Amino acid sequence: XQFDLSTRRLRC
Amino acid sequence: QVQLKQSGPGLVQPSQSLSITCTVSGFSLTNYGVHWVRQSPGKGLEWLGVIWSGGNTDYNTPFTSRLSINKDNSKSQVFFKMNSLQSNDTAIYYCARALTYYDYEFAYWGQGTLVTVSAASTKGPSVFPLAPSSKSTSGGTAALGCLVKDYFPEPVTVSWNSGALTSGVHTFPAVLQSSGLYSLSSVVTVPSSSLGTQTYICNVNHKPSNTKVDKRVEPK
Amino acid sequence: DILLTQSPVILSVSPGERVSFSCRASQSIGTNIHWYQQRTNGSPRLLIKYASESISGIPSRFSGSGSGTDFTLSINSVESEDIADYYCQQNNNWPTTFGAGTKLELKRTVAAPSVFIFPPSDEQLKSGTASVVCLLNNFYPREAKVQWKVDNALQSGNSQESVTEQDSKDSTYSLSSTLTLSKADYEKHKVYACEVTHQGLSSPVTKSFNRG
Ligand SMILES: *[C@@H]1O[C@H](CO)[C@@H](O)[C@H](O)[C@H]1NC(C)=O
């Protein structure tokens, strides 16, 4: 998965 | 209580250096070591290093050559500095404290500092109102918001009525436009009957460019 | 370094149900593992230390177990507030390392979106750019279609979508679709329409306005 710097959440 | 407050987010040019200050309270730097952890889209959570209560430092091996951590015990501040930044160094940087003085279980964290490494320039956002109307009012519920457009880099904080209005608020994740600048909307749903008596203001703060804007949103 | 593998990547459950997170190590690390939670726009929050030891301020529904190379974080009854990512960390070997994380999604009943449309502000038009915003509020599930039509002409490529993370209270999503066009083009057209398709809608919902 890729970490999102904007939401501080994982984006799959 | 125990708190770790970090310095604000900002832009760093390629091959330049990054500086972050971690101010702590609720404990003494003479009693506890402070760790530094970063979180990037590519490598996720990554432990960088630590400055111990005695003054000794340990750096993760791939960072030993370009990392330095210092502190001022009296001022309760810890200083993070990393040289020769490159694009994949774009990440959120945290300072943290463990439960015991020697361990690595991080019970307390700073709020994080989003550091963006790019060659571009910092630009403040323009803020435009998303006015409530009939086209946005159904069943006694009206929707309104703010368009936060054309800024760089992330992040931007949006609040409503100086923090007094939180329920019904949706601040959408920013999207990158073809220009290379970010844009987002923040919306909130409210009773339409309050539109005549209540003032609705979105508080926009783009820290990297020191741009603070309060936008009043009215029906048209 | 010690490689930590978290499985699976995504995890979707329903409220009240029990859920388990897996963290496997490349070699034995005893019980030297810690667990963290990351809510939207938050920093990590220490949930469990040393495989099973509990943490002050952390709800009783969080527990952990395992030793050697196979570890498990559990939530016996999931709440909507539990929507987050979950990371494991080892510290048996230097340097301490983290797993890649597991995303916890919650299921809920279908909710049709409320659809609102916002014409561009006169303030924005003073700049030479027009943004038309279409809001899809509080819906489940995430999948939705937004179609833009300007004077009955299908728009394509000139709009951008953004979806919020799942709401920690009611487990819904909200979506924004922003059609962007020049001030010149915006003034050369009249009807701007946003058509929404969703599972909770028995019929597509169209929100529109006439410029002026
Ligand atoms: C970025 O690129 C460097 C080489 O310049 C590579 O060693 C490293 O793995 C990358 N960093 C991250 C955190 O993605």
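Here is how names work: the chains are called A, B, and so on, in the same order as the sequence lines, proteins then strands, and each is numbered from 1. This deposition comes from X-ray crystallography, 2.6 Å. These values consider heavy atoms only, across backbone and side chains, with no hydrogens, waters or symmetry-generated copies.
- In this structure, the drug modeled at chains B and C is cetuximab.
- Here the macromolecule with the greatest number of atom pairs within 4.5 Å of cetuximab is listed in the PDB entry as Meditope.
- The 4.5 Å heavy-atom shell around cetuximab contains A:Unk1, A:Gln2, A:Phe3, A:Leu5, A:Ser6, A:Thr7, A:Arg8, A:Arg9, A:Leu10, A:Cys12.
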